[PDB]
2 protein chains.
Amino acid sequence: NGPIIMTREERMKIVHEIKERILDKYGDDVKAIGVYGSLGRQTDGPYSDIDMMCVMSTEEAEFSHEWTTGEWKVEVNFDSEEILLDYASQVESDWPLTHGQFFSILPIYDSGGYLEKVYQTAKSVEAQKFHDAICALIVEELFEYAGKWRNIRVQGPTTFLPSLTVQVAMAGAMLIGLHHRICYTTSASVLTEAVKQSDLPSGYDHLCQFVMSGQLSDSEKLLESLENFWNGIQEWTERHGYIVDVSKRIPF
Amino acid sequence: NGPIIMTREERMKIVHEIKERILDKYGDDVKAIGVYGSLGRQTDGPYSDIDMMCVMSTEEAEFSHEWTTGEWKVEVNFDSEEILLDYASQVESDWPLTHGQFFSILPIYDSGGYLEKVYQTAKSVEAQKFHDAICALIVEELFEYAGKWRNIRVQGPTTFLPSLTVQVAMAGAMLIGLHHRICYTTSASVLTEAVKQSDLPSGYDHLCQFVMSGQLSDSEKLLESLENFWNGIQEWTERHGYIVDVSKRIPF
Ligand SMILES: NC[C@@H]1O[C@H](O[C@H]2[C@@H](O)[C@H](O[C@@H]3[C@@H](O)[C@H](N)C[C@H](N)[C@H]3O[C@H]3O[C@H](CN)[C@@H](O)[C@H](O)[C@H]3N)O[C@@H]2CO)[C@H](N)[C@@H](O)[C@@H]1O
Ligand SMILES: NC[C@@H]1O[C@H](O[C@H]2[C@@H](O)[C@H](O[C@@H]3[C@@H](O)[C@H](N)C[C@H](N)[C@H]3O[C@H]3O[C@H](CN)[C@@H](O)[C@H](O)[C@H]3N)O[C@@H]2CO)[C@H](N)[C@@H](O)[C@@H]1O
Ligand SMILES: [Mg+2]
């Protein structure tokens, strides 16, 4: 019957019950336990699931328990300090959506400031890593989407266009977030927060209005909006120095 | 302003240049080279990218080169035989979308039947792996989506509902593909092929109609369609035995 309505108090009880269970089972291998996500920001809605992180001392520790009771869902990730710190300092194309975890840490157990160290690492990532992630995003994702919607324009199918438009709008949101080196609060607010930022590529806000309103049935307006956004990207990358190497047929 | 229009003959010319370049650089470390994706089953549209794969003899080989010339995009993955076969034999929630690669391999170099060996491995995966992936999908993705759209109904934002509905429809497509052990052709045909399968959970095809048509502006009809799909999931999982024990507050 799906998730039920729960209050913040009930969630913190579950959190502290899980904390006790983790300490009973693993004992001194537990370096730190925190809550992240919406419950960590104390923004959590009545239906939100629970996300917790655990720093282990045992080397190469990397596992997780993800379950539901039928009424609520919990995910607990267990990582060694080294594994967690490397993850916090790696910038992938979906960094603005995944690494909000490290800017929403609610500590409930920490034997040696480990969670603070993870937070510091996540916020001190070198600027060059965001630059590379932006160039990789344009090649590995945006360029590929451009071929996908241009294929639709000539040979269809248009039934993929609304889903692909959503993907392009989400990828554009990642590109902006990588530029500003900021993580989005929640998944539901990614597009709302993306259009309120500075230095938007031309055509991005117009494209997002289709995705946020759900008016994705006019394929011609979508294709025309995607091309304008695709065009706006390339002046935007030159204006900010995110220059993509296009000089070789084969780069190895 | 790429990607540009290309013919199959122009793509195979680029492919064989890369094959020549791969053999020049890595020589006898190359066990096999193949083309997958749309060019692999030679359906490729006028704008499709080029996807290639390489089997290496080097033990820990796992790297990729992904680039564009401004006109076309190429991705070449280099994997040891052990790494590639283990990947082909592991079933994640996005198996129906990622592992079609292994059912579309066009060999252009193969020193010892390595590519046929990859195809055999990918198609002989134990039924238990698909069963576990289905149960994990329902918990890790579907249950989480249900909480998210129920939050939207109570506290918004409505601007996330069209994007979240697309995500739910794609997760349902994964659920169907894992059930029937089938991989989807391309990203563009995932939804069309998913709704043509048997044993659909009640409410999925109706939900896909909103996503495929792009009529995602009636949040009220979307939430009702999402709930109906969510109900159909619980009957569908019971009828096929994709049952997870949910009786414990903490299952470890
Ligand atoms: N190649 C065999 C195995 O691949 C894995 O990585 C897989 C996955 O993470 C990785 O995903 C990569 C991303 O990361 C990278 N940032 C952009 C790139 N386009 C994407 O590639 C994949 O996603 C694309 C669609 N978006 C597809 O067009 C493409 O065919 C597909 N290879 O591609 C691999 C799938 O083939 C592991 N690296 C390793 O277990 C072994 O190498
Ligand atoms: N935990 C720290 C690091 O996590 C990484 O994996 C990351 C990522 O793949 C992984 O993704 C996992 C999946 O895989 C798994 N099959 C289902 C699970 N819902 C999902 O979890 C993630 O996606 C959810 C939304 N769908 C989010 O609600 C959730 O907060 C998020 N942790 O979450 C991790 C981020 O926390 C690496 N394993 C490793 O570098 C290190 O352990
Ligand atoms: Mg989660």
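To find a chain's letter, count down the sequence lines: the first is A, the second B. All residue numbers given for chain A refer to the PDB entry; the residues shown span 2-253 in order. All chain B residue numbers match the PDB entry; in order, they span 2-253. Every number for a ligand or one of its atoms is a count from 1 in the order of the listing. The basis for the numbers below is simple: all heavy atoms, side chains too, and nothing from hydrogens, waters or symmetry mates.
- Considering oleandomycin, neomycin, remikiren, ponatinib, virginiamycin M, the drug or drug candidate at ligand 1 is neomycin.
- Bound to neomycin (ligand 1) with the most contacts here is the chain that UniProt lists as Aminoglycoside nucleotidyltransferase (4').
- Contact chains for neomycin (ligand 1) (heavy atom under 4.0 Å, other chains only): A, B.
- Close contacts of neomycin (ligand 1) with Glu67(B), meaning ligand atoms under 4.0 Å from a residue heavy atom, involve 17 (C), 18 (C), 19 (N).
- Protein heavy atom at the shortest distance from atom 17 (C) of neomycin (ligand 1) is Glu141(A) OE1, 3.3 Å.
- For atom 8 (C) of neomycin (ligand 1), no protein heavy-atom neighbour is present inside the 4.0 Å cut-off.
- Of the protein's heavy atoms, at least one falls inside 4.0 Å of atom 32 (N) of neomycin (ligand 1).
- In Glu93(A), neither the side chain nor the backbone holds a heavy atom less than 4.0 Å from any atom of neomycin (ligand 1).
- With a 4.0 Å heavy-atom cut-off, neomycin (ligand 1) is reached by the side chain of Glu63(B) but not by its N, CA, C or O.
- Near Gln102(B), the atoms of neomycin (ligand 1) lying under 4.0 angstrom from a non-hydrogen atom of the residue are 36 (O).
- Neighbouring residues of neomycin (ligand 1) under 4.0 Å (non-hydrogen atoms) are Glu141(A), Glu145(A), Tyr37(B), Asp52(B), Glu63(B), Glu67(B), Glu76(B), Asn78(B), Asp80(B), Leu85(B), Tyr88(B), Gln102(B).
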